[PDB]
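Positions are given from 1, in the same order as the sequence printed here. Both counts, for ligands and for their atoms, begin at 1 and track the order of listing.
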Amino acid sequence: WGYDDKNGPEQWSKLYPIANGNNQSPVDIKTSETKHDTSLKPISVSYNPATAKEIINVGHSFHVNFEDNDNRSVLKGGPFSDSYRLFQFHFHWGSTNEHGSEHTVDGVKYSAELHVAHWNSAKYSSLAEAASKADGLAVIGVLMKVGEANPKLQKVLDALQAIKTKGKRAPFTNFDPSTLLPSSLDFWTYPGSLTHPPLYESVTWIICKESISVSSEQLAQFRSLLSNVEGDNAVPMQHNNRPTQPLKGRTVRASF
Ligand SMILES: NS(=O)(=O)c1cc(-c2nnn[nH]2)c(NCc2cccs2)cc1Cl
Ligand SMILES: [Zn+2]
């Protein structure tokens with residue numbers, strides 16, 4: 001699976017027919033159609049930098065994975081009664097600065113998007129159990145607007161040189177990804193899906209109102225990762241953002 005013409009978002013529905021389901025992600029958030037929900041509590045994140053484990057080139061992207069054997073690193077609040085356990089963060093980007101976010105806001109496309117992913121450790125005992133459950137996953141999305149270089153990305157960007165080709169992996173330790181979140185945690189929430197196969201409709205999306213910055217040159221560092229395995233002809237990871245999907249009657253709630 002990838003973002004090419006023959007393995008990309010338009011091809012996913014042949015093995016994953018949920019791609020055409022009613023709770024698919026990402027979406028365009030129309031702010032005139034959001035419903036302010038008074039019952040939404042503030043997002044609370046409390047992550048232990050010691051849970052940072054590994055950075056991996058997965059061919060179409062890179063993932064930073066976390067130790068998830070215990071509740072050292074948790075998300076609570078917002079729409080949730082259950083505590084969610086941090087397990088990964090990653091980014092999405094586009095071929096040029098003009099697009100690359102997954103979510104849009106009032107049709108506006110940003111240059112990239114951060115995803116911070118968690119699984120419901122109150123109700124389930126593993127990511128594998130949680131992955132397919134309607135209440136199983138919680139992902140914070142942060143829209144990334146091209147502009148000033150973001151110094152909080154530095155450890156992540158410095159690590160990429162050790163995972164240049166598909167399947168390379170390296171230790172990635174002592175990192176608290178709450179340092180990447182915007183200063184305001186005002187958010188939108190809706191019920192949706194993984195944005196990559198297998199596209200399970202198991203994700204409660206938390207989309208931050210406030211963007212964070214990224215430079216043109218930092219985006220170029222993402223696009224210079226290689227989708228090929230070592231020794232093959234180099235094939236840059238140009239883009240990995242899924243198009244926005246129909247809301248199909250879902251309501252986006254606003255904390256603000
Ligand atoms: N983009 S996203 O909706 O945040 C997302 C994307 C992926 C992905 N992207 N590439 N490969 N996997 C993912 N992988 C881990 C899994 C969890 C459960 C089953 S597989 C988890 C999340 Cl939440
Ligand atoms: Zn993602």
> What drug shows up at ligand 1?
Replying inline: azosemide
> Which polymer chain has more close contacts with azosemide than any other, using its name in UniProt?
Replying inline: Carbonic anhydrase 1
> Which residues that bind Zn(2+) according to UniProt in chain A have at least one heavy atom within 4.0 Å of azosemide?
Replying inline: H60, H63, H90, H92, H115, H196
>> Counting non-hydrogen protein atoms only, what is the nearest one to atom 15 (C) of azosemide? Give residue, atom name and distance.
In response: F87 CE1, 4.1 Å
> Would you say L194 touches azosemide, if touching means a heavy atom closer than 4.0 Å?
Replying inline: yes
> In chain A, which UniProt domain contains the majority of residues contacting azosemide?
Replying inline: Alpha-carbonic anhydrase
> For chain A, which residue flagged by UniProt as active site has the shortest heavy-atom distance to azosemide, and what is that distance to 1 Å?
Replying inline: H60, 3 Å
>> Would you mind pulling out the UniProt substrate-binding residues of chain A that have any heavy atom less than 4.0 Å from azosemide?
In response: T195, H196
>> Within azosemide, which atoms have a heavy atom of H92 less than 4.0 Å away?
In response: 1 (N)
> Which one of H90, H118, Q88, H60 has a non-hydrogen atom at the shortest distance from atom 5 (C) of azosemide?
Replying inline: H90
> Who gets closest to atom 18 (C) of azosemide by heavy atom: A131, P197, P198?
Replying inline: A131
>> Under 4.0 Å, counting heavy atoms only: does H63 come that close to any atom of azosemide?
In response: yes
>> Looking at azosemide, would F91 count as a contact under a 4.0 Å heavy-atom criterion?
In response: no
> Do any heavy atoms of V139 fall under 4.0 Å from azosemide?
Replying inline: yes
>> I'm curious what other ligands or ions sit under 4.0 Å from azosemide. Any?
In response: ligand 2 (zinc ion)
>> Is it the case that azosemide has an N or O less than 3.5 angstrom from some N or O of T195?
In response: yes
> With a cut-off of 4.0 Å on heavy-atom distances, which residues and nucleotides contact azosemide?
Replying inline: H60, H63, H90, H92, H115, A117, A131, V139, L194, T195, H196, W205
